[PDB]
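Structure showing MEDI8852 engaged by #2-911 Fab heavy chain.
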Amino acid sequence: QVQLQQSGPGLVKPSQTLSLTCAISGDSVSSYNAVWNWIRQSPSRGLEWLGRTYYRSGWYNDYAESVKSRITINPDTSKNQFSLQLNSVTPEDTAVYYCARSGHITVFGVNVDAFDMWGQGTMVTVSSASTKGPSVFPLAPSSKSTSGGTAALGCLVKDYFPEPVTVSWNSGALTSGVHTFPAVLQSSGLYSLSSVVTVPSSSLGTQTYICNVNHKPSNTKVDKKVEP
Amino acid sequence: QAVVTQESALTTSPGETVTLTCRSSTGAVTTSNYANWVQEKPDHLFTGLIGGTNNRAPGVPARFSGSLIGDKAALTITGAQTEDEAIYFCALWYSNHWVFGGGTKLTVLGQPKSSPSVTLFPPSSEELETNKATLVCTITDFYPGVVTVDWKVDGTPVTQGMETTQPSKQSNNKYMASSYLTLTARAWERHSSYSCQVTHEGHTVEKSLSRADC
Amino acid sequence: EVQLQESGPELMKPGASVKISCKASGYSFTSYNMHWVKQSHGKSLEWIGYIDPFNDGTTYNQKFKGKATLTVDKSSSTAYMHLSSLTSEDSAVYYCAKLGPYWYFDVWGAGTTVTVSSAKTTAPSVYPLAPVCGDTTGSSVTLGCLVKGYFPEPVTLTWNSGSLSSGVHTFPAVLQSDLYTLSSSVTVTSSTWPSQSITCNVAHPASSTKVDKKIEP
Amino acid sequence: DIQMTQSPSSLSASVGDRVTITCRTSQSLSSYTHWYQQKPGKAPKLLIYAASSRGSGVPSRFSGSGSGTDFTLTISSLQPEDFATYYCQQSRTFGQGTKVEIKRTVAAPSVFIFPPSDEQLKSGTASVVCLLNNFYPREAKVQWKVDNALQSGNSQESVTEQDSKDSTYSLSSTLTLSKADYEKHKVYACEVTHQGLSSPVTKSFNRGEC
Ligand SMILES: OC[C@H]1O[C@H](O[C@H]2O[C@H](CO)[C@@H](O)[C@H](O)[C@H]2O)[C@H](O)[C@@H](O)[C@@H]1O
Ligand SMILES: OC[C@H]1O[C@H](O[C@H]2O[C@H](CO)[C@@H](O)[C@H](O)[C@H]2O)[C@H](O)[C@@H](O)[C@@H]1O
């Protein structure tokens, strides 16, 4: 029943404000046993709790020292959500930001700081570069083993900023033997990845293959037919 | 084995100020004994009163106060009320453990005096058939609930055979009790007159039974 | 705030062992630990020890080291006190109690009675109680119903199958050679008896023996 | 909030193996000590709460214990889908996390090469992609040859996380040239070496013939 839905821009310019939102479904933001946390994950810092807000006959806020001075976490009882605001961001704040519920998990009736439900995470990049949507090219199967065996085909998603990009095949129909590679950062400063799948050669004549590419930052959506 | 001592019992009228004490056998009660107090009411209802020598728990009325008085901890009730009738226990902290005192039974007089009704029954036919005999002495409708029981056989005091229940509470809030004289069927027939004696607040109600009357 | 529910009464023979439980329900904003306390004869309170559900610390009264073992199940919010090698001196009411940051015992379980007895299940013999018929003269008369040599408690005693309720006094049981005896007495008008049927209905469920008995001079 | 040490910080272990991860906390507060399992591109999932209580929908093979300031997660019988990073926590502090890898039999890469698309080439760049699929272990190497000459740059590589079913890895290498430069050559090849291959596998295409 409990779900956490995160939203808000992933790309933030240096010295400006990071603004994220976490919308709660299946509990109240002001529930007596709900504690609303932001936690972030980066390679430098690993997993770092940033702060919380909870209701107990009046709203409380606690923040980690690392960020105490530029962080604000605010509930909205109207929309049933809570927000994160981090001020004056630097590249050190590039991370994946999660919201998380605590206080549902109790021992002897007391909150024990287990985080039982997490939102999906928003990837946050601190950079002054502009948003750029991918080009999507086909990686067509070769004539090799078309009569019988395994064909490899794929999509190449190039020159997009920032991360992330999602790729699926046949709108989810095809997942077995799919490999979507981690993006690389080109020297241009834009990202590129490949997504590839292995399929029976005999399906090449009968089944259609489409890579569905979503880049939310630029509102870019692309469906590319990949064919011999 | 530190021993904690409190006065055993105390009887007050409503409106009085009462002070209960709590003494450590090892020496002075001090701040670092962190005296606490609980109140046991009828039906085994415990609720906590004071902690940290003088810190009232939530909802505890301000008539209750904690203090160190000389070299013992004390609980003072300023204007005792009938609802404060209870057993009060202090516990002392000895570095790593709590030790409870024996409790002070506080009676607050909250109703008229009432003298015992004493009904004394004879041993029955059926019970006599089994070569045993029990005289039952019911004691009802008294207040306060403190009775001494005593038995007389042929006008002579009794020493054994006798059991007496603790005063318990009646529908009407007075106290009842019962005492038993368990005899043998031969000892019943060897004596003629039998008598139950109840003392209460200085007077004595008594009832007799003669075997010739059954 | 949390509420504490202890497990039901227990009847044991000497040498047996027993496991009392105390379930915390409800909520607490601060942590707290669980104390266990023994009441003997209804007035003598004794600290057995405590367990911390949060750091697992335990401390015992030296008198109860090796007799009592405290544990917790953190998933069910239940504390347990296990007593080894039960003796007559273990017959008592056992309480669990919350002690939180202020170090006063602010919540208590209602208590679990443990009775240690080697006595066997014996049904009661029910005897009538009627006055000496010389002393019939008086506007009210009081009858009764003696219940002797039963084990174990409880017994339930009524009058005229529960129809007659007022005038009645049922006294607490006494312990007489490892068996209990009771009595209950009724007051009715000198015209009501011996004219009407006055019958006591004694039940001893622990031997499935319910008994009726009417009273005459 | 200095990340707690976990020991080890990474391990690899065969399917069926008993595996133990130890969190070095500063305080014996078992009930405020928890573990999380994190699969790639997922939020951590609560695995163990209060040192030993299992989270919802966590198989019995996961168990937890503490002694002094050391808390341990044990996986009794390691399974392929247990590939993850494991994190302990106490209060507001997280451990550094422990990466668990599955050991399996050696499996050689299947190699595929993809010439650039005509679509891309109109745009002025050529990307050539080499795919090394479903291999183990992770040390597969790729050399790019153009007209049989080794390239020392112009390529970027990327590896998948260990598969949850078959515990294999996959790598793609991408060789990027200007269109002009692409057309000044004929034979494009990737040459793949890996422990599971007796000698190098080469796949190649002829520019134009593609
Ligand atoms: O010890 C008094 C405080 O208890 C709680 O706070 C602590 O424990 C919480 C969970 O049990 C943690 O989330 C918190 O960080 C601790 O400060 C309570 O929330 C506080 O109001 C009390 O001051
Ligand atoms: O990154 C430097 C340049 O790389 C490519 O071009 C070089 O490598 C080619 C492949 O071996 C040669 O044919 C070419 O002459 C080299 O300049 C890329 O195509 C260039 O655009 C880059 O500047």
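Residue numbers start from 1 in every chain, and the chains themselves are labelled A, B, ... in the order their sequence lines are given, proteins ahead of strands.
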What are the identifiers of all copies of MEDI8852 in this structure? chains A and D
Note the other chains with a heavy atom under 4.5 Å from MEDI8852 (chains A and D), by letter. C
MEDI8852 (chains A and D): chain with most heavy-atom pairs under 4.5 Å with chain C: chain A
With a cut-off of 4.5 Å on heavy-atom distances, which residues and nucleotides contact MEDI8852 (chains A and D)? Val2(C), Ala24(C), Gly26(C), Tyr27(C), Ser28(C), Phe29(C), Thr30(C), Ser31(C), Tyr32(C), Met34(C), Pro53(C), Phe54(C), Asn55(C), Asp56(C), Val72(C), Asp73(C), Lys74(C), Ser75(C), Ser77(C), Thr78(C), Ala79(C)
Could you show, one pair per line, the donor-acceptor contacts under 3.5 Å between chain C and chain A (MEDI8852)?
residue	atom	partner	partner atom	Å
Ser28(C)	N	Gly109(A)	O	3.0
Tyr32(C)	OH	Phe108(A)	O	2.6
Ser77(C)	OG	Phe108(A)	N	3.1

What molecule name appears for chain D in the entry? MEDI8852 Fab light chain
